[PDB]
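Dipyridamole complexed to Heat shock protein HSP 90-alpha, as determined in this entry.
Chain A is numbered as in the PDB entry; shown residues: 16-224, in order. Atoms within a ligand are numbered from 1 in the order they appear, just like the ligands themselves.
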Amino acid sequence: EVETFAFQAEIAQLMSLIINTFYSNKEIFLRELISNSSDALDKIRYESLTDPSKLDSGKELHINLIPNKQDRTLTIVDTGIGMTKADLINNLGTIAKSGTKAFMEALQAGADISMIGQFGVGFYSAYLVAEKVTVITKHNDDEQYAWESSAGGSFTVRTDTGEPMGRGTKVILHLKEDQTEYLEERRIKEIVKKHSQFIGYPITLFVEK
Ligand SMILES: OCCN(CCO)c1nc(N2CCCCC2)c2nc(N(CCO)CCO)nc(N3CCCCC3)c2n1
Ligand SMILES: [Cl-]
Ligand SMILES: [Cl-]
Ligand SMILES: [Mg+2]
Ligand SMILES: [Mg+2]
């Protein structure tokens, strides 16, 4: 079964502002998702220091970037702490309420979309380049879930039946027709060097073949 939920009103409003505002500096989306992945890897490494069994689900701590020109997708894979069902459906949302509300105050008072990260809501910057986002995730304490939204006020959560990951998150960006530059090898490398040169984990760009 697939469950369907409404976004909270303020998040539906942020998503609509990110989709509708003319704004050319779209490349900042990659920094925000790599920064989220780095947070998740920090959390599992920290927890593993007092409880080594947390790494039984896998020891490697990395980020892979996987462009696919045929499917028009860009996938960010990490082996971080992953997210529970309750994270996906409400807990990460309730923590976002205040950053979302403040970011939207800041934008009306002159701030631009590139400061989204400073409010803890960088994930939604995905919607600068993607018409749909799929988030496949596995936390030690829960089962594998797929989250998915094409915006429009709702999102879905289902149990995931495909290729089981051990622990961590796959973000699948279904790119807009005019945003294929972000599948180009030299553009991904330019963006990673410019915005995220200082991440404490290996970032491997997979080449297509
Ligand atoms: O890059 C996107 C994928 N990842 C996985 C990285 O492994 C990711 N990580 C987040 N975090 C770091 C790993 C522990 C959880 C936090 C995180 N945090 C929040 N929120 C808390 C704010 O800090 C709400 C605001 O976005 N929301 C996320 N979303 C995306 C899917 C669920 C819905 C909203 C989210 N997503
Ligand atoms: Cl993760
Ligand atoms: Cl609908
Ligand atoms: Mg990510
Ligand atoms: Mg990810």
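For dipyridamole, the full set of ligands or chains is ligand 1. The residues of other chains having a heavy atom under 4.0 Å from dipyridamole (ligand 1) are listed as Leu48, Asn51, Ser52, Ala55, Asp93, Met98, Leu103, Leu107, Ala111, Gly135, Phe138, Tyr139, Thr184, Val186. Protein heavy atom at the shortest distance from atom 20 (N) of dipyridamole (ligand 1) is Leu107 CB, 3.6 Å.
Of the protein's heavy atoms, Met98 SD, 3.8 Å lies nearest to atom 35 (C) of dipyridamole (ligand 1). Counting the atoms of dipyridamole (ligand 1) from 1 in the order shown, those under 4.0 Å from a heavy atom of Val186 are 2 (C), 3 (C). Atom 26 (O) of dipyridamole (ligand 1) has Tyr139 CE1, 3.6 Å as its closest protein atom, hydrogens excluded (heavy atom only). Of all atoms in dipyridamole (ligand 1), numbered sequentially from 1 with element shown, those under 4.0 Å from a heavy atom of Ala111 are 24 (C), 25 (C).
Proximity to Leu103 (heavy-atom distance under 4.0 Å) selects the following atoms of dipyridamole (ligand 1): 32 (C). Within the structure, each other ligand or ion under 4.0 Å from dipyridamole (ligand 1) is listed here: ligand 2 (chloride ion), ligand 4 (magnesium ion). Taking a distance limit of 4.0 Å, we find that atom 11 (N) of dipyridamole (ligand 1) is approached by no protein heavy atom.
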Quick one: dipyridamole (ligand 1) N/O to protein N/O pairs below 3.5 Å?
{"from": "dipyridamole (ligand 1)", "atom 1": "1 (O)", "to": "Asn51", "atom 2": "ND2", "distance (Å)": "3.3"}
{"from": "dipyridamole (ligand 1)", "atom 1": "7 (O)", "to": "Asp93", "atom 2": "OD1", "distance (Å)": "3.4"}
{"from": "dipyridamole (ligand 1)", "atom 1": "7 (O)", "to": "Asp93", "atom 2": "OD2", "distance (Å)": "2.6"}

